[PDB]
Amino acid sequence: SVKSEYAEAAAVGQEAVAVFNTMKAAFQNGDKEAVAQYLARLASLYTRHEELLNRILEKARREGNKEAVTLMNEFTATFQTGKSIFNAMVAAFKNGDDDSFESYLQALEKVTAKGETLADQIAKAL
Ligand SMILES: COc1ccc(-n2nc(C(N)=O)c3c2C(=O)N(c2ccc(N4CCCCC4=O)cc2)CC3)cc1
């Protein structure tokens, strides 16, 4: 249902944010093993998140919920903007580029804040 998919997306989204924050703290402390394993976890969560939203969107469209469909389209563009920065961050880390990695973190952090706000809005709109 819209409700069971939404609740799972919320969990998956919260997990992705928490893992990102844990990964950031690890990096500032020079814990690279930890960092890479979180990158694998984050990418995984992002894929599961996209699949859930694609299903909620279809249900939102079918019930005529133009407000959710609009918000979900803003969240998804925002999410995909952040996901492009994440990809470059993974390519950098594997290349030993710490400086590039730190800059990507800050940028991703700021995109993430935009998605969090839109998340709060989607909750009220579905
Ligand atoms: C139908 O669509 C949604 C959308 C959002 C939710 N949802 N619910 C909650 C909650 N109940 O708290 C949360 C989310 C969520 O997705 N959150 C999040 C995930 C990922 C990002 N990122 C990651 C890096 C790239 C940028 C970016 O935006 C930002 C925010 C915040 C937590 C449910 C259903």
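Numbers in chain A come straight from the PDB entry, and the residues shown are 1-126, in order. Header lists the method as X-ray crystallography, 1.8 Å. All values below come from the heavy atoms of this structure, side chains included, with hydrogens, waters and symmetry mates left out. One-based numbering, in listed order, for ligands and for the atoms of each.
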- Which macromolecule here is the main partner of ligand 1 by heavy-atom contacts, as listed in the PDB entry? L-able
- Item | ligand 1: drug | apixaban
- Task: Quick one: look up the protein heavy atom nearest atom 4 (C) of apixaban and list residue, atom name and how far away it is.
- Result: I122 CD1, 3.6 Å
- Query: What is the nearest protein non-hydrogen atom to atom 13 (C) of apixaban, stated with its residue, atom name and distance?
  - Reply: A119 CB, 3.9 Å
- Message: Nearest non-hydrogen contact with atom 3 (C) of apixaban belongs to which option: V12, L53, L71, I85?
- Response: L53
- Task: Ignoring hydrogens, just give me the one of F75, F86, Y46, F79 whose non-hydrogen atom is nearest atom 27 (C) of apixaban.
- Result: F79
- Based purely on interatomic distance, does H49 place a nitrogen or oxygen under 3.5 Å from a nitrogen or oxygen of apixaban? yes
- Item | Closest to atom 26 (C) of apixaban (judged by heavy-atom distance), picking from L52, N54, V111 | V111
- Task: Would you mind checking which non-hydrogen protein atom is closest to atom 12 (O) of apixaban, with the distance to 0.1 Å?
- Result: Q14 NE2, 3.1 Å
- Message: Can you check which residues touch apixaban if I set the heavy-atom cut-off to 4.0 Å?
- Response: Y6, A9, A10, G13, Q14, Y46, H49, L53, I56, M72, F75, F79, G82, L108, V111, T112, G115, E116, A119, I122
